[PDB]
Engineer: 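Sharing a structure with you now.
Chain identifiers are assigned alphabetically from A in the order in which the sequence lines are presented. Following the PDB entry, chain A residues are numbered 302-440, in order. For chain B, we keep the numbers from the PDB entry: what you see runs 1-432, in order. The residue numbers of chain C are those assigned by the PDB entry, with the residues present covering 4-385 sequentially. What you see here is only part of the deposit, and the contact count is restricted to that part. So this one's electron microscopy, 3.1 Å, going by the header. First listed ligand is number 1; within each ligand, the first listed atom is number 1.
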Amino acid sequence: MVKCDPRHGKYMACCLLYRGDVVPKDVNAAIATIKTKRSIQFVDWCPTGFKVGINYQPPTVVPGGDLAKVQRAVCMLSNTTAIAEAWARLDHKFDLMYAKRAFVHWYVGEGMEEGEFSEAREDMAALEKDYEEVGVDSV
Amino acid sequence: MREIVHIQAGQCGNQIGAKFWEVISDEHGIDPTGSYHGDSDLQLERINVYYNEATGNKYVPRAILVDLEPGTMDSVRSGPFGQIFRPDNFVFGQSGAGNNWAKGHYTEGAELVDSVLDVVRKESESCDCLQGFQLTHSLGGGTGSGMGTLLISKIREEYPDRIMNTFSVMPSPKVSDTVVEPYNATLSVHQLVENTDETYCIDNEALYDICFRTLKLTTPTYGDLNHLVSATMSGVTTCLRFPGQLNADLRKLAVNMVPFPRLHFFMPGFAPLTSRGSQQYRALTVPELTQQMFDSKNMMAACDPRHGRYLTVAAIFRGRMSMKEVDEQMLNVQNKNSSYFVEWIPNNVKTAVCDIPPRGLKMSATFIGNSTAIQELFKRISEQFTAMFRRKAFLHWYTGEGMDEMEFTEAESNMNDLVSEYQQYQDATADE
Amino acid sequence: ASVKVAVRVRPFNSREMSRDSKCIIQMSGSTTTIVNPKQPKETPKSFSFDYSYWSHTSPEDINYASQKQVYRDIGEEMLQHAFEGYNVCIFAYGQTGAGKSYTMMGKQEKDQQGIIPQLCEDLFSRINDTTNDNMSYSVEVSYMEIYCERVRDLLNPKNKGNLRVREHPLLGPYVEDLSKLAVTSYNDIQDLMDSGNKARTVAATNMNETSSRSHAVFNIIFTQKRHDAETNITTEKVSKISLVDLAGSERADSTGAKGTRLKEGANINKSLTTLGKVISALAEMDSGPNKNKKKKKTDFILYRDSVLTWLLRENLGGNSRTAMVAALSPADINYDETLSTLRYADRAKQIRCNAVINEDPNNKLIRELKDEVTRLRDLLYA
Ligand SMILES: CC(=O)O[C@H]1C(=O)[C@@]2(C)[C@H]([C@H](OC(=O)c3ccccc3)[C@]3(O)C[C@H](OC(=O)[C@H](O)[C@@H](NC(=O)c4ccccc4)c4ccccc4)C(C)=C1C3(C)C)[C@]1(OC(C)=O)CO[C@@H]1C[C@@H]2O
Ligand SMILES: Nc1ncnc2c1ncn2[C@@H]1O[C@H](COP(=O)(O)OP(=O)(O)NP(=O)(O)O)[C@@H](O)[C@H]1O
Ligand SMILES: Nc1nc2c(ncn2[C@@H]2O[C@H](COP(=O)(O)OP(=O)(O)O)[C@@H](O)[C@H]2O)c(=O)[nH]1
């Protein structure tokens, strides 16, 4: 749901939420199959990786919708280190406008101080670096 | 709620405002008498943006009319919509400016400005939460330039927080109708660059070009030009009046358009345009509107956008359309003509969409561009100004009314500085 | 040459004492260093400055920097330059609490008087000493403030109207109907200064009990008249001395601003940001053409954005020589503002001034021709 390639990073955690006619044998087999594949990379310090939940109520269908009626549904919430990539792109744009102080007077005229820009940028840089170390292989 | 106050000065401004009021009224459904005769229920939801209530379930527009010659006031009253306005707002005098900026700004306008300001204060006090002003006038004239500039200065002094707009007709390059156009245009721009918050530059030559080439008319009159300008004026501020998927207040347009305080001159545009008898051939849709909107022939500013770079641009759509098509088209336009867009703004297209299109137009789009090429216009005036100031061609008429050469010199310097700023970004390279 | 700079460290203030804080600014000679409390053992930073003043102590002389020392370092040279015939300018800079007013005005009760009182004192002392039959002097004063993009006069009594700004085509920007007053005794200028400081607009805030809501400019026009009736002519040299006190950057949420105070802070911040932009642009401009090739790339500096930059057109660049006085707060909590002050002071160092003395070209050409004929006469006589 976000324009970032998960293959460039490593998966750190995963939650699966199943709705409908689902059995634990099938989800165990699915988890084993996903663990077998090589394209999906898990960090070394999370040997388990997966959390599973199952619910009986199947999803509903709104009149005039577009999704079809289905018997089984899945929602995944995955914590990966690919996100950073998207942040990096946005940072570039910010710099290209902040070198010339474009549009800054609108912000300053409503109570903001100029320096408050720069601090935030540095703060952002700090978060990104901590998403590049949490994934370095242990030694 | 967002109330707008409308002011009109001079022959050009008054006629444009009359046609504009004849338009908005239809969009909201108001009879010439004042009573409401409409069909939809959204028309009264936000009628207070422009109109005030009156006891007999009547609506009166929130306009002010200004001049120093009763002729235009008589013409407006003796007209189809003369009875819609409040009589007390017809402020005027005698012995008009006579195409002299000094008489308009210092001698004659200084007497009537107090009454005009009293009416403006009375009108603005009743508003629940005033948004901004807008004023229509012509720079090449007398009354219009002087009194409009004086009113802009005073109102900015009194109401520093609110938005000020202007729809000004600038002198054309070749089609000329006054011999002392450059003096008035320069003296007016010297103050417009400082005081107002937005400005839309109209040129008669561009409107005639659109009428003859696109609309394929045979005898255009000033009514059609007023039509085009009124269409644009109505389309700019649609999102205050009707619901939509992406709203765009005037302040939002101001923030996204101008990157620096002194660069608030825009080129407007409107689409579509089928010239009639050929509507059956053109398929109306989103990419067709985008194609017509960015074309050079459509622009009303009489300046080629291909000679510079777009500092930025805004598009306001009206209709029922998909958001993906709009976003894809704006991205495609940005990527295709990559040379003509400035490179240190990563994305320089503002988008808004409204659900209620015009009376009989399944779709429509308004365009507000901010590009360096506008400098050409100023250069023309400056050149002509020098050609008449080196020998003091008609100067005494101004000096008899209480001016001096220093005023002319500082105005010329300020406009030249504006031209230099706009030229600073025009060339490629620059980058980081 | 370039601009002069005199950074000064302020002592602790009770707001920084009730809330615990630590000194972070160190300095030695021309160098001034700052360490990031955020993460230590990361990257100590240093900067080079012509002058630097320590003011944490007072009875002890351990690197202590009295106001008299600052005056002797900057104002004495500037007064000498003014007597030579250069227009000269001082301008203060920093943030709410830095101590720009302490340096400019100081305290009337204290012997430690600010730069402007001491400059006026020394100027009148030299006028009294050097007056003669063949040498005389004239002095006039003016004092203006910029509140919110409006120029207001201070010596002029209560006048509700504002003053217009107009550009003379040859002499540049100026302000029309400024009450320009002459002076003949130190008492007159002292009383005028007291009245001006009294009539200034000042409001209280969390950062300072008595803060300034307006930029202030003090101007002295000084004329030398050489009256050797046999040979010389009068009104030979005219000089302009400008002393500028700027408002301190407002952080809004930290200052407890609200209502009108917030709008004043916003206008002050807009003016300061415009000033920073010109300073950076002018510095880059002079730096580039000086070393790059010499092409005189036509990137022009934009001063018509704010009245502050517009009225200081000449002092920032042109026929004026100048100095920047950046005050600094040593408290650890005030880290980012201190870094901004340091960086913009360093940028201001890169700026080049081009003060030049000018007189009537006819007189100059006559003198040059007189020297030429003297040379030729010496040639043929030999
Ligand atoms: C029969 C029909 O639908 O044909 C169109 C038509 O052919 C075109 C050419 C129309 C036509 O416009 C012109 O010919 C014209 C002439 C002089 C100046 C400006 C325009 C049209 O007259 C104009 C008319 O526009 C409207 O009625 C809008 O709702 C518009 N009208 C007004 O500006 C107006 C004027 C006076 C009183 C009340 C309204 C509008 C926009 C916003 C809010 C309210 C109204 C329309 C669609 C057409 C015709 C009739 C041919 C165009 O104009 C507009 C505003 O739609 C010209 O460019 C568009 C594209 C259209 O395809
Ligand atoms: N060297 C110093 N010795 C003693 N007190 C000082 C010194 N420098 C500054 N101060 C004090 O610092 C406080 C604030 O100084 P001030 O000059 O008002 O700051 P500012 O940064 O110029 N802000 P503003 O008042 O708005 O112009 C006052 O109490 C000064 O007396
Ligand atoms: N677009 C448009 N321009 C007009 C109209 N009437 C006059 N003008 C232009 O206005 C200019 C003269 O300005 P004028 O109205 O006399 O200014 P005033 O005397 O101060 O009111 C001329 O260059 C005309 O081209 C009109 O109805 N529409």
Engineer: List the drug name recorded for ligand 1.
Structural biologist: Taxol
Engineer: So, counting contacts under 4.5 Å, which chain has the most with Taxol (ligand 1)? Name it the way the PDB entry does.
Structural biologist: Tubulin beta-2B chain
Engineer: Return the chain letters whose heavy atoms come under 4.0 Å from Taxol (ligand 1), other chains only.
Structural biologist: B
Engineer: Enumerate the residues contacting Taxol (ligand 1) with a heavy-atom distance under 4.0 Å.
Structural biologist: B/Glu22, B/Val23, B/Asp26, B/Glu27, B/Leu215, B/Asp224, B/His227, B/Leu228, B/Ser234, B/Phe270, B/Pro272, B/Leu273, B/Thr274, B/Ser275, B/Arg276, B/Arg318, B/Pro358, B/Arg359, B/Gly360, B/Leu361
